[PDB]
Participant: 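Structure with chlortetracycline, see below.
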Amino acid sequence: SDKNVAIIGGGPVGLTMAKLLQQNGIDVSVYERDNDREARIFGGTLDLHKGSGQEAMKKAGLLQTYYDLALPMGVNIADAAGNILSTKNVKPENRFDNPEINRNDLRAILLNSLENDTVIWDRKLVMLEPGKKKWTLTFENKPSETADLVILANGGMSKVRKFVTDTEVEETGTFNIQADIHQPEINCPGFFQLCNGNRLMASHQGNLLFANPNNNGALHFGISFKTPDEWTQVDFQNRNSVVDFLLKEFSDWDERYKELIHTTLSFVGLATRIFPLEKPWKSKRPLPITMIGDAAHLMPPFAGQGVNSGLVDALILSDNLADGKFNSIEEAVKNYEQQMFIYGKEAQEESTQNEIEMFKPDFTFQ
Ligand SMILES: Cc1cc2nc3c(=O)[nH]c(=O)nc-3n(C[C@H](O)[C@H](O)[C@H](O)COP(=O)(O)OP(=O)(O)OC[C@H]3O[C@@H](n4cnc5c(N)ncnc54)[C@H](O)[C@@H]3O)c2cc1C
Ligand SMILES: CN(C)[C@@H]1C(O)=C(C(N)=O)C(=O)[C@@]2(O)C(O)=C3C(=O)c4c(O)ccc(Cl)c4[C@@](C)(O)[C@H]3C[C@@H]12
């Protein structure tokens, strides 16, 4: 390689891709939407499985650092009334597939690992266009740049996939509402104490509640349900409008959980989406281009596949792009994509499948 790569998106999947390339010498860049490095990343915690997510960290020398920040966490399962199954973390296993890390923390660990100015902040890729030998990358109100390989690694809603595949995202039919509570122990004591330093999942009448009670000192919860045919007709801008819907749905549940709803300051309602690995991707492409993470195989969050498969993506493509066991870039990508279409479709089938089971009328996590 006498060339350069451009990864669109500073996600955990993108930044990883960046490290694994950079430590092999390959000249690389990460164009990130976010306005600066201390931008707050909304969402839960992530857990890197020992088979996969962890392996990539290993190969970047960051596995250790990952544990250092990660927190092993037990899981309580609950009725609407009260407790059902507790499960602590047995010390034989607290260093594996469990350790829940804060999304920002992971990025901090990743940004450290990269040379300075590897990530160009406030760069919102609006358009991608292939020239003679280089792609031309267009960013909203910033100068364009060019590169010899673009790796799309920029979210399940990537607006810029066209050169790789005509496939488009699809809503699965469920919906998720997600929120944070700061100082959970004061603002939802009832709920905090039901968690008891442990994650919490409870299900009742095709309504699922999940919670982590300790995400860097804030509780993050999720509510889930098949999308109402009524929908759409809840305003995620008016908190009163969201609260009123959740209370109608959650009327049955204990006083403790209703506190949680009534306390949340603001909600983030996004539908469950899939970007299916259905057709093979375009086999004639103007220049070399590929996709990793959710830009590749966006799938329902109901299985902890997601970041893990996506990190595997980096591990594989990065190896391919460095070992010198391929004759052209085309071939190295075209090979990574074969493998991903395999464990990828697996991960998706699994997630879809878990999705179906949970919202089935009468479900218990036991
Ligand atoms: C509610 C919820 C819960 C989830 N829970 C889990 C889980 O528990 N375990 C798991 O493995 N997965 C989970 N997922 C999926 C998980 O978040 C993703 O797999 C992973 O975070 C996505 O990694 P990524 O870097 O490929 O995507 P992203 O993290 O979305 O990274 C893309 C990056 O590109 C940036 N970007 C977007 N557009 C542009 C652009 N135009 N130009 C430049 N940059 C851009 C974004 O800002 C972002 O920084 C969950 C998803 C949701 C919605
Ligand atoms: C966003 N939503 C889907 C869930 C959610 O709201 C969570 C949260 N911390 O509040 C999660 O734990 C989740 O985001 C989350 O992390 C889950 C998770 O890790 C997981 C894995 O890895 C394997 C099997 C299962 Cl059944 C799960 C499971 C159900 O615990 C999911 C739940 C989701």
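The first residue in the sequence is number 1, and the count goes up from there. When a ligand or atom number is given, it counts from 1 through the structure's own listing order. Note that these values count all heavy atoms, side chains included, but never hydrogens, waters or copies made by symmetry.
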Participant: Could you help me spot every copy of chlortetracycline here?
Facilitator: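 You'll find it at ligand 2.
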Participant: Look up in the PDB entry the name of the chain with the most contacts to chlortetracycline (ligand 2).
Facilitator: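 It is bound most extensively to tetx2 protein.
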Participant: Which organism, per the PDB entry, is the source of chain A?
Facilitator: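 The deposit names Bacteroides thetaiotaomicron.
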Participant: If the cut-off is 4.0 Å, which other ligands or ions are near chlortetracycline (ligand 2)?
Facilitator: ligand 1 (flavin-adenine dinucleotide)
Participant: Could you check which UniProt substrate-binding residues of chain A come within less than 4.0 Å of chlortetracycline (ligand 2), heavy atoms only?
Facilitator: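 Applying the heavy-atom cut-off to the UniProt set, I get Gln178, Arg199.
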Participant: I'm comparing chlortetracycline (ligand 2) with the native FAD site: which UniProt-listed binding residues in chain A have a heavy atom within 4.0 Å of it?
Facilitator: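 Among UniProt's FAD binders, a heavy atom under 4.0 Å is found in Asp47, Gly304.
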Participant: Within 4.0 Å (heavy atoms only), which residues surround chlortetracycline (ligand 2)?
Facilitator: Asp47, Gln178, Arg199, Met201, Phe210, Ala211, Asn212, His220, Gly222, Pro301, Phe302, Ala303, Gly304, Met358
